[PDB]
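Heads up, this one has minocycline in it.
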There are 2 protein chains.
Amino acid sequence: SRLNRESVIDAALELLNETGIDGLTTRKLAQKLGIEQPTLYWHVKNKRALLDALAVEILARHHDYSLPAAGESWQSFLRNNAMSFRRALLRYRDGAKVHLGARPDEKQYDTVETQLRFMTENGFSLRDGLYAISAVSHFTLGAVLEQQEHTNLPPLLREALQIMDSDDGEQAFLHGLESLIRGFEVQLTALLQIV
Amino acid sequence: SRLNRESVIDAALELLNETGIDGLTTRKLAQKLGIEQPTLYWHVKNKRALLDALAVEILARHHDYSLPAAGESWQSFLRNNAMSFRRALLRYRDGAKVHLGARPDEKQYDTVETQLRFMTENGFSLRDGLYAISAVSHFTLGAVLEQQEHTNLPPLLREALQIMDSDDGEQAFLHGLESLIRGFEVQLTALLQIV
Ligand SMILES: CN(C)c1ccc(O)c2c1C[C@H]1C[C@H]3[C@H](N(C)C)C(O)=C(C(N)=O)C(=O)[C@@]3(O)C(O)=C1C2=O
Ligand SMILES: CN(C)c1ccc(O)c2c1C[C@H]1C[C@H]3[C@H](N(C)C)C(O)=C(C(N)=O)C(=O)[C@@]3(O)C(O)=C1C2=O
Ligand SMILES: [Cl-]
Ligand SMILES: [Cl-]
Ligand SMILES: [Cl-]
Ligand SMILES: [Cl-]
Ligand SMILES: [Cl-]
Ligand SMILES: [Cl-]
Ligand SMILES: [Cl-]
Ligand SMILES: [Cl-]
Ligand SMILES: [Mg+2]
Ligand SMILES: [Mg+2]
């Protein structure tokens with residue numbers, strides 16, 4: 001098949017949905033592409049190189065709300081941004097593990113920079129804006145990994161689980177997301193006051 | 001060596017700190033114990049069985065704040081509980097991945113039940129208390145995985161990272177933790193009012 005970057009990644013993602021991350025190997029990627037292992041190696045040095053690239057391509061391809069709209073609030077941008085991240089991470093099997101393992105890369109540097117600047121433009125110190133972004137990010141990754149990694153008992157526990165299972169974990173994600181955004185707001189608002 | 005449960009786990013944890021989760025195999029556990037693979041298999045059917053057990057033993061051994069103190073608030077219990085979880089997950093290499101992969105097990109059912117009941121006793125609906133517990137849990141896991149899985153650029157990004165690196169990610173963890181607890185409080189407090 002074609003072994004340009006885009007084609008190698010198409011096939012690696014397609015494989016990831018077949019095998020998950022633990023089973024994704026270069027050997028199996030080579031078979032999928034109908035090529036010998038040493039041909040693939042010209043293109044893809046190892047699995048870590050492969051994963052590094054998938055993590056970025058997944059976000060470039062499906063993470064539509066990297067940047068805020070003109071006039072958008074930081075409440076609404078962190079909302080939309082976190083929702084876009086969750087969806088892009090769920091679109092591929094072990095998506096959040098492929099994300100976790102990778103390097104916030106040169107090509108996304110300007111995305112994350114814009115975000116840190118955006119947050120500083122609406123009244124966050126750098127410090128408190130990076131904490132806001134890292135918490136959203138850590139909350140969203142953790143919920144998505146649980147959703148993905150789950151792939152007689154006491155009553156509350158029985159009912160709680162039954163309820164978590166009702167939907168994908170989206171209601172529990174969006175609820176905690178609102179708590180997190182408001183917590184940030186209550187902090188930002190108070191300034192030097194004891195809160 | 002001894003192949004009682006406690007001894008098998010001691011050696012598996014010791015191995016996990018040597019290899020991490022990806023390198024932990026039953027074959028290597030057998031070598032570490034000085035036993036043949038089929039002797040180990042009598043004791044430990046596979047890696048998934050092994051991981052299931054480590055995840056639980058890690059919490060039984062080092063997660064000291066499963067349950068709240070007499071008189072403690074739900075703000076302070078979720079604080080202490082999340083801090084105990086983070087520490088227990090960091091005590092072993094890829095601790096959060098060993099946690100993620102496992103089954104909230106019969107032996108911890110009563111711990112998590114007590115917690116769901118505790119939260120309902122201080123004015124949460126079951127629904128809103130499970131969302132509170134799952135968000136703490138998802139936030140803490142995600143921060144711990146990032147801390148663990150991280151194992152020239154634009155300025156804000158440069159300074160932000162420099163700052164994240166200053167400590168282990170504990171300041172960013174404890175800051176987001178306070179936002180999350182307050183977000184919950186603002187929700188719980190309002191009742192039927194628009195907030
Ligand atoms: C530098 N900054 C404070 C941190 C701290 C800890 C982290 O674990 C991370 C960042 C940058 C953030 C930006 C977040 C952003 N958002 C809050 C989800 C985000 O939208 C993107 C993005 N490329 O669009 C990420 O790279 C991102 O998912 C990400 O992977 C990050 C990340 O992994
Ligand atoms: C049932 N409940 C709402 C959920 C939902 C999603 C989850 O991803 C989980 C739970 C139970 C929670 C309890 C939390 C608790 N805490 C909020 C951190 C906790 O202290 C424990 C514990 N055994 O002490 C967990 O099992 C726990 O870490 C855990 O692993 C959970 C977990 O994985
Ligand atoms: Cl072709
Ligand atoms: Cl080609
Ligand atoms: Cl290309
Ligand atoms: Cl491989
Ligand atoms: Cl002995
Ligand atoms: Cl023995
Ligand atoms: Cl024993
Ligand atoms: Cl194995
Ligand atoms: Mg990331
Ligand atoms: Mg858990």
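In what follows, chains are A, B, ... by sequence order, proteins preceding strands, each numbered from 1. Ligands are counted one by one from 1 in listed order, and the atoms in each one are counted from 1 as well. The deposited model was determined using X-ray crystallography, 2.1 Å.
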| Which entities in the file belong to minocycline, all copies counted? | ligands 1 and 2
| field | Main binding partner of minocycline (ligand 2) (name per UniProt) | value | Tetracycline repressor protein class D
| query | What chains, other than any belonging to the drug, come within less than 4.0 Å of minocycline (ligand 2), counting only non-hydrogen atoms? | reply | A, B
| Other-chain residues near minocycline (ligand 2) (heavy atom, 4.0 Å) | A:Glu146, A:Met164, B:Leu59, B:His63, B:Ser66, B:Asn81, B:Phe85, B:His99, B:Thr111, B:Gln115, B:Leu130, B:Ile133, B:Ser134, B:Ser137, B:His138
| request: Note down any other ligand or ion with an atom under 4.0 Å from minocycline (ligand 2). | output: ligand 12 (magnesium ion)
| task | List the closest protein heavy-atom neighbour of atom 30 (O) of minocycline (ligand 2): residue, atom name, distance to the nearest 0.1 Å. | result | B:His99 NE2, 2.9 Å
| query | Which residues, listed by UniProt as Mg(2+)-binding in chain B, lie less than 4.0 Å from minocycline (ligand 2) by heavy-atom distance? | reply | B:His99
| message | Please report whether minocycline (ligand 2) has a polar contact with B:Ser134, defined as an N or O pair separated by less than 3.5 Å (distance criterion only). | response | no
| Taking both backbone and side-chain atoms of B:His63, is any N or O found less than 3.5 Å from an N or O belonging to minocycline (ligand 2)? | yes
| message | If you scan the protein for heavy atoms around atom 5 (C) of minocycline (ligand 2), do you find one that is closer than 4.0 Å? | response | yes
| Element-labelled atoms of minocycline (ligand 2) that are located less than 4.0 Å from some non-hydrogen atom of A:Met164 | 5 (C), 6 (C)
| query | What do you think, any protein heavy atom under 4.0 angstrom from atom 15 (C) of minocycline (ligand 2)? | reply | yes
| said: Hey, quick one: which of the residues UniProt lists as binding tetracycline in chain B get a heavy atom under 4.0 Å from minocycline (ligand 2)? | reply: B:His63, B:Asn81
| query | What does the entry say the source organism of chain B is? | reply | Escherichia coli
